2 protein chains.
Amino acid sequence: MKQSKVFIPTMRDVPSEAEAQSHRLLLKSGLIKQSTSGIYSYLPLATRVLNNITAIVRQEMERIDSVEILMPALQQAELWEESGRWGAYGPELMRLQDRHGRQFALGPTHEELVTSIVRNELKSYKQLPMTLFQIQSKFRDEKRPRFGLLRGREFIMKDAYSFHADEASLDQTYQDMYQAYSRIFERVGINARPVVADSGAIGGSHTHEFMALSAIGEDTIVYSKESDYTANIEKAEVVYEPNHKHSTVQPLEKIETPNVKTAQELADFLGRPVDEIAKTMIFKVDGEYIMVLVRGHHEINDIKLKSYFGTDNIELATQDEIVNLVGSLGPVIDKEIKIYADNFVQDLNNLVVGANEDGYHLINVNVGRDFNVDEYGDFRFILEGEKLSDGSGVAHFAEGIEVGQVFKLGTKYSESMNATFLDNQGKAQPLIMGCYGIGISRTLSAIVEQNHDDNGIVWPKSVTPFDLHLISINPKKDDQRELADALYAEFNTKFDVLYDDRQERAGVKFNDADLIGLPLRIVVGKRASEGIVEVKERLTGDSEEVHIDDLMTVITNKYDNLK
Amino acid sequence: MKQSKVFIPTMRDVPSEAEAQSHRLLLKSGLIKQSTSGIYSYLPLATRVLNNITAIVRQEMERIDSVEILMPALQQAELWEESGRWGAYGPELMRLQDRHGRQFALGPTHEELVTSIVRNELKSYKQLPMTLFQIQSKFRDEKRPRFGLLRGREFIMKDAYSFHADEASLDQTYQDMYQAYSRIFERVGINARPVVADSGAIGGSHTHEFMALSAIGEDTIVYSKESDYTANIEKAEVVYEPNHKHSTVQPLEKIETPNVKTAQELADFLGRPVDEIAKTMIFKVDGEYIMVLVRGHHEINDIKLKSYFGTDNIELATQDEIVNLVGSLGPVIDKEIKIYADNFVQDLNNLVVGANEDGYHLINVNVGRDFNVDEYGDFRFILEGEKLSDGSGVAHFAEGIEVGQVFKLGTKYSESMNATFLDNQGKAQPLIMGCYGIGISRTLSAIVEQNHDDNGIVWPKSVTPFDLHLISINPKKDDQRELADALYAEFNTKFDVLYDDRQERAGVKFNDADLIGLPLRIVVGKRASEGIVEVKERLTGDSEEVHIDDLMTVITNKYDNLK
Ligand SMILES: Nc1ncnc2c1ncn2[C@@H]1O[C@H](COP(=O)(O)OP(=O)(O)NP(=O)(O)O)[C@@H](O)[C@H]1O
Ligand SMILES: Nc1ncnc2c1ncn2[C@@H]1O[C@H](COP(=O)(O)OP(=O)(O)NP(=O)(O)O)[C@@H](O)[C@H]1O
Ligand SMILES: O=C(C[C@H]1NCCC[C@@H]1O)Cn1cnc2cc(Br)c(Cl)cc2c1=O
Ligand SMILES: O=C(C[C@H]1NCCC[C@@H]1O)Cn1cnc2cc(Br)c(Cl)cc2c1=O
Ligand SMILES: [Mg+2]
Ligand SMILES: [Mg+2]
């Protein structure tokens, strides 16, 4: 393609609101444009990268017999009522009415739709297993869209769904997908790690998330150096082995603590280490108010609380709800309320806690005497340095972007939506399901996060929108224009060449080229009359003069040796 | 792919409601499944056909420098307010609210979105022309979804938009698109004709529709045998040259006409030919009621009326609106109402018309004496046999499916949405726009309409979901299964082979194969031990025995000679 005919609105200045490097670079390089919060257009270069990603995805899906389909975005509410998700979900599910008042969801994911396709069609065990996938734009009215394509409201997902006669068959396809996902991410230029993910509040099914390792990552991976242990910090269990720090029991005492809000401020005020303070938070669990206690150097993990209580309906009590129930909160109160404490609170006595009265705290508070703990448990995040759940060694942290997930779904949808098959013994059984997804537009951004420098994007060979950037320094000069025209015709059969044929200053062409980030650059300039050009590598910045008779061999060898 | 792993829910019986052959066959062959009215899932084989169509589309777009992008479905109402389409359109535009009460349209087409992309980015004449396109699902809440993929509510469109400094540049790209569209349709196996289309009520810009010639087609193409004249029957002008059939003027007379509703019933009742009766219809044009007169053998053309009056707000008066104004209607009434008559009414005198009184009609009604005609004009459809507007010869009719359109849009959106560029002389000018579209999912159905027989689909080589159907008659037999396994491995590198490896009766495999419609079939049966198979052509039904040492050459030669 001649660059004069390709829309590439490169920017001089990136706005302050853009925080993530991938977001900043996709804007600056003229690859995406925001329509509104969380909603983007993919401009020509991004679209080519998306096409390269989806071609790799299609190869890897076909390799494991995952068969492509395309399902609708517009989905009748009645389908979502069958599963119960219509009623279970709130504003994140986008909803609308047609001209006859009939209600619809815009698909955030397709468990019901795909179940509706296969039910009473996958009728026998002889037809199983079956795996279907699509590459299709999903809709989620995210509370906080952010970081460009990393969290949109309209976004591209590759979602797959598999159907099975038994658990062993599901296990096989889950492994196939796991392996296919590893291949997909490596091929597109992402360094990713599969990590054990949380199975949800109620379920205990096997699930792994694929995490693109990057500093912008909002997930923390807990990993071992001694074993293959890798878990989301939300899931990673903390094993408690007693190590008491108890002193002589003292009488309870309310103390004045003016302008003291936080646990660390209280620690500083009393001249004590923060770990000896116990923090108290009020949660609302299935309508009932509870208290959760953790030490001052720890933080409450809501995902563990949800899994512990076995419900997703857990949230912090609001300002008004706290006042109606009881400044800094504490466990000593004359009221029927269940108090839960993290296991590591047992290492202390003479607790420092809130007084349920602004400007005050309690010291020398003791369990049994002053208040009772109903149950102890693992209600916190692991810290870096602590011993892992498998006993292999010490916990280390790495930050990650969730680029995909694999999930053993089971019979949830097939039971609720009556999707059955006749087994070996002729009896009706619900289809056993797996579901799997890659965030395609998120993955595009993750590629940029891991493949860029201070001057722009550095696209991997596998996904670069064009292979070669052919640039004329001054096309007013006949020798330069004509040589570049000839080289375009020569190289645009074997390679995809972006030919910067524009009547633009050399400096802007090179700045644009740095942003755009194609792996190899052929510069036609002052030595065109001699049949000499310059070849420049985007990754290293290495430049060399090359004569046109050698150029095909030099470019091909350089291209083949790219990662 | 092994057919045991591909979801293909072939049907024994097609429901009565499915009318169009393409709709019936896409259902019967297991290629689509309805989710609800006008909303479909594309099953594995249809998805492969769609991928083949879009690959051809992409090649032909790149050939004319039409550059791929991907724009969002979710579009803020504020954008649609800029153009005025938010207010101009009614229930066909699907609308919704997000969680903050902000209003959105689901894109039925993307003129505003694309204008928002390029405005203040295509800043100079030096950047023009620019052509962008996407392949993306559109949403239209159609009043009457029908014929499967021919009229959906969620459907795939390839929409392109071009931007220009002057009218000559627009003319060039319009011609490029016209030519590209001709190529696309021929390549995918559609016999199509470009025809002059109506430019709308207000505008007079150049537009052509591409019509897939087929009997299910709801459009009628008027064409010449002597010239290149081709027009939609909505547009095709009728030139009136007087041929009076006048008799001696008679006195007006009201006559009893019991149980006479229609013009032909009245003709039969009075013993007169139907052409001597004048029909009267009441229309509402920009709030004002009018009368339109046409002869009994003619019909009113609303598209001509809209173009004549220069407004889209024309509709028939309702039952209640007719009563408030005045059985069979007629022009003789004591009221201030404008009466328009088709030109061919002038060939008659002593008109037979309604009496504005149930059970009665008027005879011997004459213009000037009994009523006045305000204006005469071309308000009807041309009939087959009549002389064409260009004077080349006689009108012939062919039925067609509108598979695409090309349109010289001009500055409508660039004016309303302030999308300007600096011209040669440094002054701001609105971007001159073209817009173009192909219905991709409609085109898939049109391919089936033109490429099928009584036993199933007959896919063209260019778009067939697989190239070869490899079928084992009885895979319990080791020689058959093993030979078929070997041939699959041999042929699935050069070709895409669907291998019917299923443990199913031969009869169902062949019935499924006929429906599925791949061009060549390799049958492994009783002579597998001898290294002999049967090759069968789907189009002709010709079968021949072939030895496996000759099979690659025989298949390749047959495949190369397919249309
Ligand atoms: N709002 C979004 N924008 C872009 N990509 C997304 C978004 N939500 C999910 N994805 C991607 O789609 C994949 C599958 O969806 P899903 O498993 O439902 O995500 P999720 O659990 O909601 N992730 P998150 O919201 O980031 O915690 C994810 O692994 C992401 O890569
Ligand atoms: N409801 C639909 N279902 C499937 N395809 C459609 C639909 N509407 C339009 N298309 C296709 O998209 C192309 C461009 O859209 P457009 O020019 O807006 O169609 P249109 O004038 O509304 N046609 P029609 O509604 O059939 O009279 C058409 O030429 C069709 O091939
Ligand atoms: O979407 C999932 C589970 C899996 N679905 C198939 C693709 C891969 C993915 O991990 C989790 N999820 C995430 N977000 C959601 C948001 C809404 Br709104 C709804 Cl209704 C449902 C969901 C929802 O089910
Ligand atoms: O969509 C068009 C004009 C052209 N747009 C770009 C692709 C090719 C197509 O011919 C005509 N059209 C047809 N149907 C529509 C339905 C609705 Br609802 C709206 Cl808002 C707008 C429209 C509308 O503009
Ligand atoms: Mg989410
Ligand atoms: Mg329409």
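Read the sequence lines top to bottom; their chains are A, B, and onward. Just so it is clear, chain A uses the PDB entry numbers, and the residues here are 1-326, 331-567, in order. Residues 1-326, 331-567, in that order, are what chain B shows, numbered as in the PDB entry. When a ligand or atom number is given, it counts from 1 through the structure's own listing order. Quick note: numbers below take in every heavy atom, side chains included, and nothing from hydrogens, waters or symmetry partners.
For ligand 4, the chief contact partner in this model is given in the PDB entry as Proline--tRNA ligase.
Per PDB records, the drug at ligand 4 is named halofuginone. Other chains making heavy-atom contacts shorter than 4.0 Å with halofuginone (ligand 4): B.
Contacts between B:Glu111 and halofuginone (ligand 4), counted as non-hydrogen atom pairs separated by less than 4.0 Å, involve the side chain only.
Taking any N or O of B:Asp159, backbone or side chain, none lies under 3.5 Å from an N or O belonging to halofuginone (ligand 4). Nearest protein heavy-atom contact of atom 24 (O) of halofuginone (ligand 4) is B:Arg85 NH2, 2.4 Å.
At least one heavy atom of B:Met157 sits less than 4.0 Å from an atom of halofuginone (ligand 4).
For atom 15 (C) of halofuginone (ligand 4), the closest non-hydrogen atom of the protein is B:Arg140 CZ, 3.8 Å.
Looking at atom 9 (C) of halofuginone (ligand 4), its nearest protein heavy atom turns out to be B:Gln409 OE1, 4.7 Å. Lab note: per PDB, source of chain B = Staphylococcus aureus. Contacts of B:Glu92 with halofuginone (ligand 4), taken as heavy-atom pairs under 4.0 Å, involve both backbone and side chain. Protein heavy atom closest to atom 18 (Br) of halofuginone (ligand 4), with residue, atom name and distance, is B:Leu93 N, 3.3 Å. Of the heavy atoms in B:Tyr161, only side-chain atoms (C-beta onward) come closer than 4.0 Å to halofuginone (ligand 4). Considering B:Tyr89, B:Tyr440, B:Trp80, B:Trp86 only, the shortest heavy-atom separation from atom 22 (C) of halofuginone (ligand 4) involves B:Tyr89. Using a 4.0 Å heavy-atom cut-off, the binding site of halofuginone (ligand 4) is formed by B:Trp80, B:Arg85, B:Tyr89, B:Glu92, B:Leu93, B:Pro108, B:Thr109, B:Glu111, B:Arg140, B:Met157, B:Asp159, B:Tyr161, B:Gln409, B:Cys439, B:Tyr440, B:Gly441.
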